[PDB]
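Notes for the one structure printed next.
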Amino acid sequence: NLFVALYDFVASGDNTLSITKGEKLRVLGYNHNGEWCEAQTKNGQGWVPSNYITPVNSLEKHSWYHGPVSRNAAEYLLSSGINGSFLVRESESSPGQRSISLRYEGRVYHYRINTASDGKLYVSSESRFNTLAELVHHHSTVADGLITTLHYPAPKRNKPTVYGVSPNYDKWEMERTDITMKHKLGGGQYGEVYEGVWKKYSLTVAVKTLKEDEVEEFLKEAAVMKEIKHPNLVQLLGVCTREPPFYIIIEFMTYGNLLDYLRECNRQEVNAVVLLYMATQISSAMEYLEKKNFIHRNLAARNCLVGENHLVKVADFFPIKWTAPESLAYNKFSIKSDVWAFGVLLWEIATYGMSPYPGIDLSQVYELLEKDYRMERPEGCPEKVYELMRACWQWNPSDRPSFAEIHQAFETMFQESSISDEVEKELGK
Ligand SMILES: Cc1cn(-c2cc(NC(=O)c3ccc(C)c(Nc4nccc(-c5cccnc5)n4)c3)cc(C(F)(F)F)c2)cn1
Ligand SMILES: O=C(Nc1ccc(OC(F)(F)Cl)cc1)c1cnc(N2CC[C@@H](O)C2)c(-c2ccn[nH]2)c1
């Protein structure tokens, strides 16, 4: 059938098609993995990312329909809202289960959408509708059981994730001259990493360059990155590995590293909901690396990048404070030692980037960990979050939760409350 564009896409490659949000398209076919599709508009024919469009006969065409988003992710999306800001979401775990998340007087209210035996949808038993768009349209005029009216659909601000810049199989080599190299990133903090502009592809990029005094390591890094495909792990955009200097390209992350971001942010804007949103994106990324059996070895807030709308990406650019005991004693690294490091990262988030083990000499850390000493619950930290850190910090690696269990815990943690209320109580008690 017919499709509608949900996001703007600017033609870059020769086989690509420029599209505007709201525009109709006919879909001719798909690329090797279904992530790109060949579409036809009134302006032409060409390749577009599949997730930038949706059938005209689908719920995703509505600005208020955010699809599979969690209770907590909905609270984040509405944190920038006003009274009447709202969205409709589906449960990822239990398909077909929908809810309304509505902002009123700085709080988010969640309502289950009920289905009758004849298939009619309702929030209030007296007001049943044949379709979801009719239910939404009704509660957009009268509250009729909701705290207030549904007036402002929450914006879908971040563009969907696209792995690379091409629909074609293993086309990663790009043209060096198409990038205008600017200054070194973060005032030389990351080494041979530069800010660049990729005009052809309409991107601001971060470019890692190879200079004399290891080619084999730089090539292995590009090769590893080709297989890392998750919305919260840095996505490789392309390489220049034919002639020197060798390039590795990713999209530039506006707000730099997470550690400095936590330390320098506006704490009124970056509240408990925003902090939980960032921790959950990191846990999703680590669940993905766990499935791939990939050992990160360097998980810390300093190794995470912050983009627009608090989009967090795990990357890999004193470290004793993040290191598991078996790794310190026997140089044994595993997914379970990444779990330990995640617990410390959670403590960095819970404190707005404080340095771990305050007042403790680095030479005494292992000895203290052995006697079952652990960092104290940060001030304002909800007990359930501190229990998770304590689970990550189990002496024995096999006693530690897996990243799939950590992610599941976050998504079922404040299922009948708000982390903002939990933090409020801990700051009071
Ligand atoms: C052999 C091997 C590779 N890896 C691995 C490499 C990376 N690469 C980068 O993070 C990386 C590579 C190239 C570039 C250009 C960058 N970009 C970068 N680096 C430092 C700072 C910034 C930056 C700073 C401020 C604003 N925006 C970006 N960007 C990252 C990422 C991963 C991970 F975490 F995703 F699993 C794994 C591990 N073992
Ligand atoms: O929101 C807070 N914590 C939180 C959020 C999410 C969590 O979950 C996770 F999953 F995101 Cl890690 C876990 C903990 C928070 C609020 N206020 C704080 N203050 C104390 C006095 C005041 O001036 C500033 C602190 C704080 C700063 C330094 N230490 N403590 C933290």
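Chain A uses the PDB entry numbers throughout; the residues present, in order, are 83-295, 298-401, 420-531. Indexing begins at 1, ligand by ligand and atom by atom, following the structure's order.
- At ligand 1, the drug present is nilotinib.
- Sitting at ligand 2 is the drug asciminib.
- Structurally, the greatest contact with nilotinib is made by what UniProt calls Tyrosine-protein kinase ABL1.
- The N/O atoms of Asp400, backbone and side chain alike, include one that comes under 3.5 Å of an N/O atom in nilotinib.
- Numbered from 1 in the order shown, with element, the atoms of nilotinib that lie under 4.0 Å from a heavy atom of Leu317 read 35 (F), 36 (F).
- Contact atoms of nilotinib toward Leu267: 23 (C), 24 (C), 28 (C) (distance under 4.0 Å to a heavy atom of the residue).
- For nilotinib, the polar-atom distance check finds no N/O of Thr338 at less than 3.5 Å from any of the ligand's N/O atoms.
- Grouped by UniProt domain, residues of chain A touching nilotinib are mostly found in Protein kinase.
- A heavy atom under 4.0 Å from nilotinib is present in the following residues that UniProt lists as binding ATP in chain A: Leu267, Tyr272, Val275, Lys290, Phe336, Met337, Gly340.
- Contact annotation: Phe378 has at least one heavy atom less than 4.0 Å from an atom of nilotinib.
- Of the listed residues (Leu389, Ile334, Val308, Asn387), the one carrying the non-hydrogen atom nearest atom 4 (N) of nilotinib is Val308.
- Ligand-side atoms of nilotinib in range of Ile332: 13 (C), 15 (C), range being under 4.0 angstrom from any heavy atom.
- The distance from nilotinib to the heavy atoms of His380 drops below 4.0 Å at these ligand atoms: 34 (F).
- Heavy-atom contacts of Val398 reach the following atoms of nilotinib: 35 (F) (cutoff under 4.0 Å).
- Annotation for nilotinib: atoms under 4.0 Å from non-hydrogen atoms of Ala399 are 10 (O), 34 (F).
- The heavy-atom binding site of nilotinib at 4.0 Å consists of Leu267, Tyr272, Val275, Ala288, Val289, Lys290, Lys304, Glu305, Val308, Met309, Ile312, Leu317, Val318, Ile332, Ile334, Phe336, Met337, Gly340, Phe378, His380, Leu389, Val398, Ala399, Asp400, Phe401.
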